[PDB]
J.: 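After the structure tokens below, expect a handful of questions from me.
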Amino acid sequence: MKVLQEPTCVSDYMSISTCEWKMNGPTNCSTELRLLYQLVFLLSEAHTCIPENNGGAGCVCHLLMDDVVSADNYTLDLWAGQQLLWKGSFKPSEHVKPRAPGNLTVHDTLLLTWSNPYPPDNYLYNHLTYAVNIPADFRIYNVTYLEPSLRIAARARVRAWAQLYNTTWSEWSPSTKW
Amino acid sequence: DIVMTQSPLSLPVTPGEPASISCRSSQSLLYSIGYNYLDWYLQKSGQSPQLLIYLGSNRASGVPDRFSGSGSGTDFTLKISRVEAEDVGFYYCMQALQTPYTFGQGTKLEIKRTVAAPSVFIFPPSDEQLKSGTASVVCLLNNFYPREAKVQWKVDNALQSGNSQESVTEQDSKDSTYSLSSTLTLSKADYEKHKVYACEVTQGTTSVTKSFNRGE
Amino acid sequence: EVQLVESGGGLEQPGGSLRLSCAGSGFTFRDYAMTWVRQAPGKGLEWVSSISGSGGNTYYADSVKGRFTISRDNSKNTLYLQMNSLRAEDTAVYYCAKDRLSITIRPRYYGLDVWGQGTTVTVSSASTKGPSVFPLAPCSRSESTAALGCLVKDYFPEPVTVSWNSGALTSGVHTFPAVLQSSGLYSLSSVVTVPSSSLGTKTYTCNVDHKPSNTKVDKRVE
Ligand SMILES: *[C@@H]1O[C@H](CO)[C@@H](O[C@@H]2O[C@H](CO)[C@@H](O)[C@H](O)[C@H]2NC(C)=O)[C@H](O)[C@H]1NC(C)=O
Ligand SMILES: *[C@@H]1O[C@H](CO)[C@@H](O[C@@H]2O[C@H](CO)[C@@H](O)[C@H](O)[C@H]2NC(C)=O)[C@H](O)[C@H]1NC(C)=O
Ligand SMILES: *[C@@H]1O[C@H](CO)[C@@H](O)[C@H](O)[C@H]1NC(C)=O
């Protein structure tokens, strides 16, 4: 057993942080491997994540995050039984896939409302810019103010981008028909 | 390790007046925004330390609204809005970011109150003590200010010197006074030889002298 | 409430070993990190050692690295500092404290918010002597307010804890700091003040404890 492609992680910057790796030869991750991790901070405790299978040779871990701030950095250790396979670290804030926006409602004026999925005390609270798609062919609308609304006169879904570097688009929201 | 520099060492103040203690670390103790790792403790002498303020400016449960934390990075300040008699003691700051946890030097808080005369009491040695051949005579000055005072032992008008030790308490938390005990040590031989024992408490323009006669 | 109670302090020889203990109640011991702090006489606080709530990580001050050992039992809710090969400047009063919640992915720290009562370690080549307790009573010629007390002479090492009427009388008590007599022993007094009136009715006992000799002395004073 050997690591073919070293662990790589992507957090939603609040609660979850998905770490994936590929292996030389097929593994049952659920049984053979165990990935321990510890937030690099005084008097913390390491914790245990039992992985799952992404095909034969590939594994995936949903590490629980106690929220994430920029400063955070975690020590990752991959074990097979009692054999260390791999040593490493990662900052979750450094590879981000934003969570999807929420309850997309409708309303002269045509008002669309949604929920920012992050709470007031979170960094992504006021660092999300929204994209709105509008059947046959469509048209987009880039919302770049803090308010999660849109107005006009005369499928329909919403997504989210974050003011970061190693970022991507959120999944689309549940969609309504105007 | 992070050097904490606490200032001042000495803080005389007056009850009801405001008071301030500075604290400068040799590096930033902020981890994230809102999270500085700087704490404030008080210790009344004889007692275990107790937390006033955690994480820069959060009040410990038990701590009145009068005590306020403030500061960020490397600059911390503890404010007391109006001092009180039970604020007396020793104040410490502590970084809790990196081991080793380091402490500021410490501030002695001392109340300037008005002058007080001691109640003065004299005590003979116990009958129980004289068997062991040592006679101890104890003078006590109760609830006075200030800590400065001249106690002199006299044995039949004879001014004893260098056969006595003293001890003072910390400043009282209720009435801000001091108490002092003075102890004279004799051979049983000496205690029988003489009769009249007295201790003179001298303060300002006053000299109280309590006495006893081994007879009565 | 939520309490920490310490034990295991006394006089040990230069080169000896001692084991400190910290009983803790009112929470989940295991959830929390713990810390040992020490205070030399006259001098200020000094962090000694720390340990995570699992037992996982330990942290040691330099001057004790290799010598002292931190350990915990989370079933018995107890924490130990295993002091080994002691030197003279290990002489200090030792406190333990509730540090950070460590169970969770991110620690939560609200200061050292609960403190133990302390316990004393003295590292010396002289021998431990339990105390002598003599009463302090006025010489009577028949005052509104009377002054009683107990004198506590010839003991080693420190400390002594003094009480009045098994804790029931607090008002007017002054227990003096101990001085060193040139013979190398400690002396200490404890005095109280009472009304003249209640002298005939009430009774007046002082409770001396000297854990380092396991001696406990009670003197009814007259
Ligand atoms: C990884 O191994 C585990 C344990 O062998 C597999 O899950 C179980 O397999 C046993 C037989 O060993 C079955 O009888 C159980 O009913 C299975 N339990 C569950 C909850 O599925 C697992 O299928 C293996 N995975 C892979 C990808 O090979
Ligand atoms: C995250 O924390 C880890 C601590 O495990 C850091 O990794 C160490 O970095 C130092 C750099 O001075 C090296 O000397 C060590 O070899 C590393 N040790 C281990 C155990 O990983 C890392 O620097 C931190 N930073 C980032 C960006 O992840
Ligand atoms: C993006 O990823 C690389 C990983 O090597 C890192 O060096 C870079 O600085 C990351 N992003 C940010 C925002 O710093």
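The order of the sequence lines fixes the chain letters, beginning with A. We're sticking with the PDB entry numbering for chain A, so the shown stretch reads 1-107, 112-138, 144-163, 173-196, in order. Here chain B follows the PDB entry for its numbers: 1-216, in order, are the residues you see. Numbers in chain C come straight from the PDB entry, and the residues shown are 1-142, 145-224, in order. Quick note: numbers below take in every heavy atom, side chains included, and nothing from hydrogens, waters or symmetry partners.
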J.: Just wondering what drug sits at chains B and C.
T.: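 You're looking at dupilumab.
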J.: Trying to figure out what dupilumab is stuck to here - the chain with the largest number of contacts. What's it called in UniProt?
T.: Interleukin-4 receptor subunit alpha
J.: If contacts are heavy-atom pairs closer than 4.5 Å, what is the epitope of dupilumab on chain A?
T.: A/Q38, A/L39, A/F41, A/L42, A/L43, A/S44, A/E45, A/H47, A/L64, A/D66, A/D67, A/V68, A/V69, A/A71, A/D72
J.: What residues of dupilumab sit in heavy-atom contact with chain A, using 4.5 Å as the cut-off?
T.: B/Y31, B/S32, B/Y37, B/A96, B/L97, B/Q98, B/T99, B/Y101, C/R30, C/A33, C/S50, C/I51, C/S52, C/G53, C/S54, C/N57, C/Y59, C/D99, C/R100, C/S102, C/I103, C/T104, C/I105, C/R106, C/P107, C/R108
